[PDB]
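Check out this one - linezolid stuck to HTH-type transcriptional regulator EthR.
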There are 2 protein chains.
Amino acid sequence: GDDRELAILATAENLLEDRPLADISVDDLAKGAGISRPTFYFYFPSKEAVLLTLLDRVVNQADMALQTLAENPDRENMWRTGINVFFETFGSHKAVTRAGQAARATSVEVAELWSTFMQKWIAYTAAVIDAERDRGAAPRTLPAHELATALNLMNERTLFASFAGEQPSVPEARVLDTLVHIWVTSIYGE
Amino acid sequence: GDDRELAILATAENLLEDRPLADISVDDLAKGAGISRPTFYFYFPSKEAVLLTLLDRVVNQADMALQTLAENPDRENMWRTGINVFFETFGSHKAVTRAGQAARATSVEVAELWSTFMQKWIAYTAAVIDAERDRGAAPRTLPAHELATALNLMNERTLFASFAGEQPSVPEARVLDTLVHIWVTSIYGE
Ligand SMILES: CC(=O)NC[C@H]1CN(c2ccc(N3CCOCC3)c(F)c2)C(=O)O1
Ligand SMILES: CC(=O)NC[C@H]1CN(c2ccc(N3CCOCC3)c(F)c2)C(=O)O1
């Protein structure tokens, strides 16, 4: 039962590494999962729903890793370890990341899923900036929530350009340092 | 001759304010332009080609405005006036901007057009950062081209989220100040 669904999900993630979702059929997904097409539709209403579940797993993986960091005890290193959660989680799931990004234009559930977790991560970013200002380590410059929004959107666009190998992009081996520098200077700079 | 093409372009930009390109037909474009459908196809092979021409006009408008600034004579104000070129140009063409962004996923000519001008604007950003470092006004921190890439991708994503009213986004009345702060602190901060 659970294994057939997992088999579908594993096949989809494996097939997404070689071609986009538009070049993958339900028959492809069923074959790689060792099931029939009617059996597929018992577990998922569409191949788009399979992607939604894959993306949901990846964004929740990143969210739970951030929560783990948040519950635990320099300033540059604090932000680097946190940004790294997203660099490593989405970089370990590049095919799903890329396909989920492109799905936002056509899937309201995917758009709402991405929007929901971006709001959460921006609010937590803003809370950390506020706490940094409260203790006197960061200056009171921009409204923290607007600063947090821009920095998070930067990371979204820059990480996914690097993972997709877009032209232009920051080389993947340089993107962590690049983002950390911009976060640290814009949060602590006066 | 030239007027019929211009009439097609004006109709498309006007129709794109109320609905996406997928909800606009060649018959819509021909009717608003006061021509027949075969006459439309004399001027453009598809409605996607009409969008390409519209976007080409907008990115060249922004590029030429930047060139005008570049040929002419504080540091925060220098970057603000330059970022404003893109805020005003694309903000005066929000429907085309939005439709052209979404077209990158399906149109190679649109993707290459956006990629071409982003490379140009990143290289010019990097050259200004370098000149700022050469004269001693900016510290030698990140490689200037990688810094320039991240900042330009930030502006792309943040401007277009604000113009589209996405959730999350920086309010349009705050996005110029937000971006200028992040550019200035990350270029001049040590
Ligand atoms: C005190 C502490 O633990 N600091 C670590 C920071 C990291 N971080 C954060 C949030 C969202 C993101 N992003 C970037 C990538 O995509 C979306 C969200 C991010 F990179 C980093 C945050 O608030 O905690
Ligand atoms: C000395 C001088 O004239 N400085 C003004 C700066 C502004 N600027 C620049 C380039 C690309 C962008 N963007 C952001 C929006 O989308 C893509 C490119 C930008 F905002 C700003 C640049 O190099 O000149």
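Here is the naming used below: chain letters follow the sequence lines, and residue numbers restart at 1 for every chain. Computation of the quantities below employed the complete heavy-atom set of this structure, encompassing side-chain atoms and omitting hydrogens, waters and symmetry-equivalent molecules. Atoms within each ligand, like the ligands themselves, are counted from 1 in listed order.
At a heavy-atom cut-off of 4.0 Å, the other chains in contact with linezolid (ligand 2) are listed as B. The residues lying within 4.0 Å of linezolid (ligand 2), counted on heavy atoms, are B/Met78, B/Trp79, B/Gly82, B/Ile83, B/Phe86, B/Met118, B/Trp121, B/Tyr124, B/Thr125, B/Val128, B/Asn152, B/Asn155, B/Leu159, B/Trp183. Listed by atom number, the atoms of linezolid (ligand 2) under 4.0 Å from B/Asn155 heavy atoms are 14 (C), 15 (C), 20 (F). The shortest contact between atom 2 (C) of linezolid (ligand 2) and any protein heavy atom is with B/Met78 CG, 3.6 Å.
Atoms of linezolid (ligand 2) found under 4.0 Å from any heavy atom of B/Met118, numbered from 1 in the order shown, are 17 (C). For linezolid (ligand 2), none of its N or O atoms has an N or O atom of B/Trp79 under 3.5 Å away.
When hydrogens are left out, the protein atom nearest atom 18 (C) of linezolid (ligand 2) is B/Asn152 ND2, 2.8 Å; that is the closest non-hydrogen contact.
Given atom 9 (C) of linezolid (ligand 2), the protein heavy atom at minimum distance is B/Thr125 OG1, 3.8 Å.
Counting only heavy atoms of the protein, atom 24 (O) of linezolid (ligand 2) lies nearest to B/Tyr124 CE2, 3.3 Å.
Entry annotation: the source organism of chain B is Mycobacterium tuberculosis.
B/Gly82 CA, 3.5 Å is the protein heavy atom nearest to atom 7 (C) of linezolid (ligand 2). The protein heavy-atom contact nearest to atom 21 (C) of linezolid (ligand 2) is B/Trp183 CH2, 3.7 Å. Nearest non-hydrogen protein atom to atom 16 (O) of linezolid (ligand 2) is B/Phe86 CD2, 4.1 Å.
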